[PDB]
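Caption: PDB structure containing diminazene.
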Amino acid sequence: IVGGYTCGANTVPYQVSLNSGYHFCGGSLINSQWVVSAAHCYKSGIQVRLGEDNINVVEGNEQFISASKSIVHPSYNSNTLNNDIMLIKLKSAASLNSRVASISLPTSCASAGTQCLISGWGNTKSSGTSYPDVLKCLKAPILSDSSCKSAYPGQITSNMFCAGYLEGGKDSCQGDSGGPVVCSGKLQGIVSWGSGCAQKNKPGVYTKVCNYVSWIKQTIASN
Ligand SMILES: N=C(N)c1ccc(/N=N\Nc2ccc(C(=N)N)cc2)cc1
Ligand SMILES: [Ca+2]
C-alpha cells in the first residue's frame with residue numbers, strides 16, 4: 001500500500017496474509033474455512049495467516065492454517081488477469097474472534113465514488129521498494145469505469161474496477177495482491193493489478209467481487 005496508513009493491529013480482521021515461507025499475497029476471510037484472493041496469487045503450499053498485524057513478529061493473535069484446496073476461477077485468464085479470483089479452503093476452520101473475522105460478500109455491486117478500505121503488506125513505495133511489517137490501509141474511492149478504461153485502454157473488463165486516485169500517490173502495490181477492497185462492509189474488490197503503483201493516471205485495478213458472489217457461494221457450498 002502506497003500512501004496509506006498503519007491500520008492498527010487487527011483493525012482489518014478479515015485481512016489474511018498468504019504465506020509460502022514468506023508473505024506473498026493478501027486474501028480476505030469470507031468464512032471460517034474460506035479465503036478469497038486473486039487467482040494470480042495461486043500457489044501450492046499456501047499457509048493462510050489470519051490475525052496478523054506485524055507479519056514478521058508473532059504478536060499473539062495469529063492463526064496459521066494451511067490451505068487444503070485452492071480453486072482458481074474457472075475463467076481466470078493469467079494473461080489479462082480477467083477473473084482474477086481464487087478461493088482457498090483452509091484445512092481447518094479458523095477460530096473466529098474479534099481479530100479473525102470474516103468479511104461479507106457483496107449482495108450487489110458498488111458504485112463509482114464509494115469509499116473503500118484497501119489493505120495489505122505490499123510495497124509502500126511507488127519508486128523503489130519498502131515492505132512494511134505491519135498492515136497498511138488505504139481509503140480509496142471506486143473510480144468510474146470510464147476513467148478506469150481510459151487509464152488502461154483495452155485491459156479493463158467488466159470483472160475489474162479501478163479504485164484510488166488518478167493524481168497518484170495512493171494505491172495498492174505488489175504484495176497487496178489478493179487482498180481486500182472493502183466498501184460499505186462488503187468485500188467488493190480484490191487487489192489485482194496496476195501499472196507500477198500510485199502512479200499518476202494508473203489507479204489500482206481490482207477484481208470486481210460482486211460479479212463472483214454466485215460462483216463464490218456455489219463453490220463454497222459444494223466444497
Ligand atoms: N498499482 C496497483 N494497484 C498494483 C500494482 C501491482 C500489483 N502487483 N502485484 N503483484 C506482483 C507480483 C509479481 C510481480 C513480479 N513478477 N515481479 C510484480 C507484482 C498489485 C497492485
Ligand atoms: Ca504476526
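Here, residue 1 is the first one in the sequence, and each next residue gets the next number. Going by what the header records, the deposited coordinates were determined by X-ray crystallography, 1.8 Å. Numbering of ligands and ligand atoms starts at 1, following listing order.
- Taking every copy into account, the model assigns diminazene to ligand 1.
- The largest share of close contacts with diminazene comes from the chain named in UniProt as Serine protease 1.
- By chain and number, the binding site of diminazene (heavy atoms under 4.0 Å) reads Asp171, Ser172, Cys173, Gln174, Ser177, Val191, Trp193, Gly194, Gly196, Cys197, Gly204.
- Regarding atom 14 (C) of diminazene, its nearest protein heavy-atom neighbour is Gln174 NE2, 3.4 Å.
- At least one N/O-N/O distance between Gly196 and diminazene falls below 3.5 Å.
- Judged by heavy-atom distance, the UniProt Ca(2+)-binding residues in chain A that approach diminazene within 4.0 Å amount to none.
- In summary, the atoms of diminazene found under 4.0 Å from a heavy atom of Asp171, numbered by their order in the structure, are 1 (N), 2 (C), 3 (N).
- Every atom of diminazene with a heavy atom of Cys173 under 4.0 Å away is listed here by number and element: 4 (C), 7 (C), 20 (C), 21 (C).
- The presence of a protein heavy atom under 4.0 Å from atom 10 (N) of diminazene is confirmed.
- Note: chain A touches diminazene mostly through UniProt domain Peptidase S1.
- Distance from atom 2 (C) of diminazene to its nearest protein heavy atom, with residue and atom name: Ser172 O, 3.0 Å.
- Remark: diminazene and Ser195 share no N or O pair separated by less than 3.5 Å (distance only, no angle test).
- The single protein non-hydrogen atom nearest to atom 8 (N) of diminazene is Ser177 OG, 3.5 Å, given as residue, atom name and distance.
- When distances are taken between heavy atoms and rounded to 1 Å, the UniProt active-site residue of chain A closest to diminazene turns out to be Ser177, 3 Å.
- Close approach to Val191 involves these atoms of diminazene, each under 4.0 Å from a residue heavy atom: 20 (C), 21 (C).
- My check of the UniProt substrate-binding residues in chain A for heavy atoms under 4.0 Å from diminazene returns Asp171, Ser172, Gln174, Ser177.
- Note: no N/O pair closer than 3.5 Å links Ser192 and diminazene by distance alone.
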